[PDB]
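Worksheet: the structure to be examined is printed underneath.
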2 protein chains.
Amino acid sequence: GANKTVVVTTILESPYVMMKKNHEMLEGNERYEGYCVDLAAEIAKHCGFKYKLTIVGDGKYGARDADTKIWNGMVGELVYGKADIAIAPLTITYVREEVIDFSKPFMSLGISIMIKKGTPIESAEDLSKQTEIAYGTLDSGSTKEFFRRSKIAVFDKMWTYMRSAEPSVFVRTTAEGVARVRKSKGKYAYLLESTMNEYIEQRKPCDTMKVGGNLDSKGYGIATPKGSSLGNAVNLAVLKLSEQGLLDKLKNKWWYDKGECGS
Amino acid sequence: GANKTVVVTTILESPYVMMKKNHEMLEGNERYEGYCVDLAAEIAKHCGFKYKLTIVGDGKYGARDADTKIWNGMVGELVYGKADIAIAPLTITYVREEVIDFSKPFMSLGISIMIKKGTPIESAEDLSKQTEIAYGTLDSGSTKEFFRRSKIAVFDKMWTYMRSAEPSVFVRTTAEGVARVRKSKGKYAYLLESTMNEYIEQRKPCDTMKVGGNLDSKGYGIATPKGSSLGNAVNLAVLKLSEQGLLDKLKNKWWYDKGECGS
Ligand SMILES: O=C(c1ccc2nccnc2c1)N1CCCCC1
Ligand SMILES: N[C@@H](CCC(=O)O)C(=O)O
Ligand SMILES: N[C@@H](CCC(=O)O)C(=O)O
Ligand SMILES: [Cl-]
Ligand SMILES: [Cl-]
Ligand SMILES: [Cl-]
């Protein structure tokens, strides 16, 4: 049929998608700025489509409910036909690959530890062997699933603690995790992706840091409904942008070029 | 060969695929050891196929001739139907993705610089600004194509030099590039992927070093002929092995430091 506007599901997650300063008098795609906003424009240019950025309604990345088997978040939007493509920091995982298509990765990451500066913690092993400093992850994402599924002793130990910690150590958004680290006087550490960790490390008041090596190694991919015709072109577009150095340029632009914690 | 036996094309490249000690009295798959030999075993178990490891006939990764437009190397073997799958440190690139299928990446890497210890070079920029120290890359691989295509000033400058350098600065195998660094008294530097650079840096005679950051960021993938029925299962197997931590285990195993260099 005739060309239709492509519905892009994404998520309000800095610096991937953020509200522009004058958003209150702006409409459509103009309300937003960020790494994934720039990336969406580049993909659309290369693939020759018009698009509408839509923030995922439940504000989640995507998990499948164990009982109802229903997918939420951006994955749900794709699975249930509410969106045509997801352009966001969406982790390529086994369970998601079974239900949606992913491009080759546009960005690499690993789960990492965020602490308030001066917290006596250097590693996951350190966290697991003490009880004074609480720690948790984002809900409905690939990091929580990592711990839940791990058969590695240290990560299994951390999961056993986290899953039953009171009050809850899990947060609904990254911003909530960041606030908890910053306000807890060193008594909360946050488990999140190195990409987000490194970004926050560059934001005022410069009181957090990434500590230790990454716990794993993986990638974000652009997602489409399983068997979507858009998938092949989008995948080539990612590889082309990668090889032109444009992904490197976008990362530097949004993470470091206007970092607030110095040069 | 036997029916239902998958023909695996691969390449002799340490520590991905190497000849075992006493291999001349060994037979079939038992002749070889290495990261990709182990990976092939795990992939085949997860997908339920028997397989035959074969070393690519021309010893090349794969490039398309500009005039004939014939593909050589492991890419050629998939393209012309001589192999069913490639399991090797084969870089996922735009031009290859157009002609073969790739799994999501099983290993990350970037182009990097290898010098003989003490060589006064700290970066690609340094290399481009001088003429005393020659430098080159592997023939018929993604590193050579990277420089050939780059619009980035420094890399553009390096390509202009390398393409006309005499005697040739290009080598047929990584081993020869390494030997050339070692024997050239600091007058040759070698551009190669960070994975191989780091392996060599830990091996005797401990006389080479990686300098500077990686020049790019990419991934190795398992490749199959376009539209091969093996593709989907192999891709899910890579993601499963990734999430179980088995790829990390294999990396630690074959990049294991016995302390040939220092403590
Ligand atoms: O997906 C990746 C990966 C690999 C290379 C990348 N290069 C650029 C951007 N993103 C990348 C992601 N992984 C790392 C190695 C083990 C499997 C996960
Ligand atoms: N990128 C993750 C969200 C962040 C996290 O889980 O830490 C996902 O796709 O689920
Ligand atoms: N990994 C490369 C070979 C090594 C190199 O080009 O430096 C390829 O797949 O072509
Ligand atoms: Cl429309
Ligand atoms: Cl298993
Ligand atoms: Cl010329």
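Chain lettering follows the listing: the opening sequence line is A, and each later line takes the next letter. Throughout, chain A uses the PDB entry numbering, with the displayed residues spanning 1-263 in order. Chain B residue numbers are taken from the PDB entry; in order, the displayed residues are 1-263. In each ligand, atom 1 is the first atom listed, and ligand 1 is the first ligand listed.
The name recorded for the drug at ligand 1 is CX516. In this structure the chain with most contacts to CX516 is the one UniProt names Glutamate receptor 2. At a heavy-atom cut-off of 4.0 Å, other chains contacting CX516: A, B. If you number the atoms of CX516 from 1 as listed, the ones under 4.0 Å from a heavy atom of B:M107 come out as 15 (C). The closest protein non-hydrogen atom to atom 8 (C) of CX516 is B:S217 OG, 3.5 Å. Looking only at heavy atoms of the protein, atom 17 (C) of CX516 is closest to B:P105 O, 3.2 Å.
Using 4.0 Å as the threshold, A:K218 has a heavy atom nearer than that to some atom of CX516. Protein heavy atom in closest approach to atom 16 (C) of CX516: B:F106 O, 3.5 Å.
Where the criterion is an N or O separation shorter than 3.5 Å, residue side chain and backbone included, A:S108 meets it with respect to CX516. Atoms of CX516 found under 4.0 Å from any heavy atom of A:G219, numbered from 1 in the order shown, are 1 (O). Applying a cut-off of 4.0 Å to heavy atoms, one finds the binding site of CX516 to be A:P105, A:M107, A:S108, A:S217, A:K218, A:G219, B:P105, B:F106, B:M107, B:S108, B:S217, B:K218, B:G219.
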Identify all pairs of nitrogen or oxygen atoms, one from CX516 and one from the protein, separated by less than 3.5 Å, and list them with distances.
from: CX516; atom 1: 10 (N); to: A:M107; atom 2: O; distance (Å): 3.4
from: CX516; atom 1: 10 (N); to: A:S108; atom 2: N; distance (Å): 3.2

